[PDB]
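Structure showing forskolin engaged by Adenylate cyclase type 5.
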Amino acid sequence: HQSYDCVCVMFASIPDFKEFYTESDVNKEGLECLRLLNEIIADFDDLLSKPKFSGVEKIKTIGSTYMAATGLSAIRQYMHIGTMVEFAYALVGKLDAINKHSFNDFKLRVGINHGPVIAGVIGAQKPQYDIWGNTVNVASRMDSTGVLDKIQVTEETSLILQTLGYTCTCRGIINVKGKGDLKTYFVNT
Amino acid sequence: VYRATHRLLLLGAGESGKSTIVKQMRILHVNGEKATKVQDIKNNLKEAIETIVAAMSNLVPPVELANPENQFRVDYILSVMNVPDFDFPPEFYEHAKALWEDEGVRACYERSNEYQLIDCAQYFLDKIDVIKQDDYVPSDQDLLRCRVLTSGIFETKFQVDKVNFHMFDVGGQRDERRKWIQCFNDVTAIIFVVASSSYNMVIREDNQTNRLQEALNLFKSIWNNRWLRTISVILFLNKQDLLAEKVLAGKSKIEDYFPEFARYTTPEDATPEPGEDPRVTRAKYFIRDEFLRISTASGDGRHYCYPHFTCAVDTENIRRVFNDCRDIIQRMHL
Amino acid sequence: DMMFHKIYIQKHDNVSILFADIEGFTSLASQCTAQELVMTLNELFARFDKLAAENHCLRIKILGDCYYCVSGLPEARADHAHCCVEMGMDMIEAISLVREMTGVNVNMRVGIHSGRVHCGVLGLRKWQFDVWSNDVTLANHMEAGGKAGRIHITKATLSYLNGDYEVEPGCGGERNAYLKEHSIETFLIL
Ligand SMILES: Nc1nc2c(ncn2[C@@H]2O[C@H](COP(=O)(O)OP(=O)(O)OP(O)(O)=S)[C@@H](O)[C@H]2O)c(=O)[nH]1
Ligand SMILES: C=C[C@@]1(C)CC(=O)[C@]2(O)[C@@]3(C)[C@@H](O)CCC(C)(C)[C@@H]3[C@H](O)[C@H](OC(C)=O)[C@@]2(C)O1
Ligand SMILES: [Cl-]
Ligand SMILES: [Mg+2]
């Protein structure tokens with residue numbers, strides 16, 4: 001387990017899903033639902049192969065929420081953050097196509113932070129790879145307090161996306177349990 | 001074990017005819033009971049009459065009664081329209097019958113396409129006297145003609161010649177379609193259901209989008225679906241009676257909604273029902289060919305399409321066609 | 001198998017689902033260093049992972065400060081309710097020494113429900129065996145509506161306990177909306 005300086009963490013949940021999940025005898029007690037979830041995830045995973053997302057490194061999925069991070073492959077400067085956004089837009093591309101065939105209307109809700117982490121393996125048993133630190137907590141809280149069909153970034157994270165041709169509206173202020181009130185931005189299209 | 005069964009899925013827009021088909025399966029292949037469906041018909045009656053009169057004023061031009069005395073009845077009807085647990089007293093029937101007699105009220109029922117109205121209107125109102133009797137027992141045809149909208153997925157088991165048939169019913173409406181996926185995997189075949197008659201009407205869900213187009217688009221959705229690449233779709237071009245009637249009536253012309261009809265000539269492979277009008281034959285097949293154009297353009301022979309001209313409210317034509325289907329299922333699947 | 005990707009999921013009735021969170025995880029994360037936190041965490045969960053296997057609990061995941069296992073997997077065990085309980089028993093004492101050691105007040109918030117689950121893997125990439133159902137959704141909420149250093153259990157997790165532990169009125173409906181809105185009789189273990 002080794003630390004980092006500039007890793008860009010992203011969470012993308014599908015809050016509309018938890019509603020849609022039902023457990024009837026008809027749907028094999030919810031198996032038909034987890035089936036559609038699988039399709040979605042897999043469809044998202046099919047992206048990582050794309051040459052342009054080869055720096056993207058999926059961490060886990062939590063429920064119906066996709067966790068992924070750029071710059072773990074490290075040792076112009078923040079071109080990786082811009083990829084992460086570039087990637088979040090792609091998940092929406094895939095989620096949008098599921099809708100078409102699943103007669104549904106799933107919106108994706110994203111939160112993208114960046115900064116120092118500590119990556120590595122945890123647990124004695126099946127040793128699985130994860131990332132820790134305050135960068136990740138905020139990344140997560142950018143998602144949960146997020147808005148559907150929108151990416152929520154923090155201030156500095158905003159400033160950088162600005163340096164790369166992204167326009168950002170201010171969302172307002174958020175109590176992030178631990179760090180307190182902080183200003184956040186939606187990424188415009 | 002699991003292969004000797006067949007899981008069939010009933011798809012189509014709202015009101016297409018899906019529930020009526022499962023009904024016909026009970027009538028055809030299944031085993032106090034119906035007294036509860038009486039109430040349901042009473043509401044069909046209520047909802048139907050109160051809908052026709054409400055429409056009268058909001059039409060363009062609006063329709064006047066040929067008996068302005070009937071105003072007080074019109075007044076009665078509208079006053080009870082939203083009552084929750086309706087007592088259905090002897091007046092209601094007297095008043096409903098009265099209005100239904102008013103040539104003006106009927107005239108508005110002709111323009112029933114210009115507003116949203118159930119398919120059991122003219123049928124039940126023609127039999128108010130029977131329904132009102134406290135000792136009323138609904139016919140088989142009455143239970144078929146009744147309308148309770150589908151909300152949710154409903155498994156229905158039947159057996160034909162020791163062979164087993166699972167049938168799932170689903171909401172044809174838009175909000176409801178998001179459940180369909182829960183039947184997609186393992187589906188032995190799709191029965192897509194289409195209100196052939198509804199060519200001159202707009203969906204309930206937005207009062208603007210043409211019902212048959214919504215049908216065409218929905219089929220195209222299913223035919224080219226990503227999880228339905230293998231699965232074949234038996235097409236029930238339902239409500240053939242209502243179609244025929246509209247075509248012969250010559251009120252709302254087809255080419256005035258689907259203008260490509262203007263070009264269409266009748267096919268060569270056409271097998272018209274004995275002494276059916278060349279015009280009805282022309283019409284019924286154009287709608288078939290409309291659907292087939294979508295089915296033709298893709299599939300690779302990985303799955304096929306089977307048309308059927310059908311009338312769900314007619315157990316006669318249903319036995320015939322559902323049988324046409326077991327043939328298909330037992331060739332293919334094996 | 002051809003049109004849907006193969007799903008590596010399988011139904012499993014009569015299992016019990018523990019969830020365990022660290023109370024005052026932020027106060028700890030405030031005090032000690034960015035790294036020492038991760039080491040104080042990694043140490044504890046490898047300590048937990050021992051206890052799990054002895055108590056015949058298959059660990060699922062670590063989700064930050066949330067740890068959750070399930071007894072009754074992979075092969076069904078009739079002790080499955082006693083095991084998750086037994087698993088929780090240790091966690092509240094396994095934290096105890098690594099709490100005093102940091103001089104900061106942390107404890108474990110436990111929640112166990114029982115019932116059916118699905119378990120398996122989702123997606124194609126980076127598999128991590130997981131559990132999904134309403135019983136899992138409930139389990140999670142019990143921990144959410146738990147009491148510090150105490151084990152929160154359901155109606156059903158008592159019906160599988162065979163009356164071996166001494167419980168008390170839980171009052172989950174007043175600490176969590178999910179429990180209230182779903183009228184769950186909850187209990188605490190003594
Ligand atoms: N004349 C005529 N009426 C029909 C025919 N098939 C169905 N209907 C009428 O259509 C109405 C609605 O049919 P229904 O089967 O409930 O639609 P649906 O496809 O199930 O719509 P939903 O239940 O999914 S919302 C019923 O009142 C029934 O009498 C038909 O073949 N001919
Ligand atoms: C995927 C479907 C469904 C309904 C099933 C389920 O039990 C969950 O996966 C749990 C409870 C469950 O898997 C246990 C872990 C965790 C992370 C707590 C999940 C989330 O709360 C999921 O929803 C979210 C918010 O992703 C949830 C509830 O979603
Ligand atoms: Cl239709
Ligand atoms: Mg905590």
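Numbered from 1 within each chain, the chains take letters A, B, ... in sequence-line order. Counting convention: from 1, in listed order, for ligands and their atoms alike. Below, all heavy atoms of this structure are taken into account, side chains as well, without hydrogens, waters or symmetry copies.
Including duplicates, the parts belonging to forskolin are ligand 2. Under a 4.0 Å heavy-atom cut-off, the other chains found next to forskolin (ligand 2) are A, C.
In the PDB entry, the organism given for chain C is Canis lupus familiaris.
Looking at the entry, the name attached to chain A is Adenylate cyclase type 2. Chain C: most residues in contact with forskolin (ligand 2) are in UniProt domain Guanylate cyclase 1.
Residues in other chains coming within 4.0 Å of forskolin (ligand 2) by heavy atoms are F17(A), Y21(A), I62(A), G63(A), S64(A), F19(C), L63(C), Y68(C), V131(C), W132(C), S133(C), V136(C), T137(C), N140(C).
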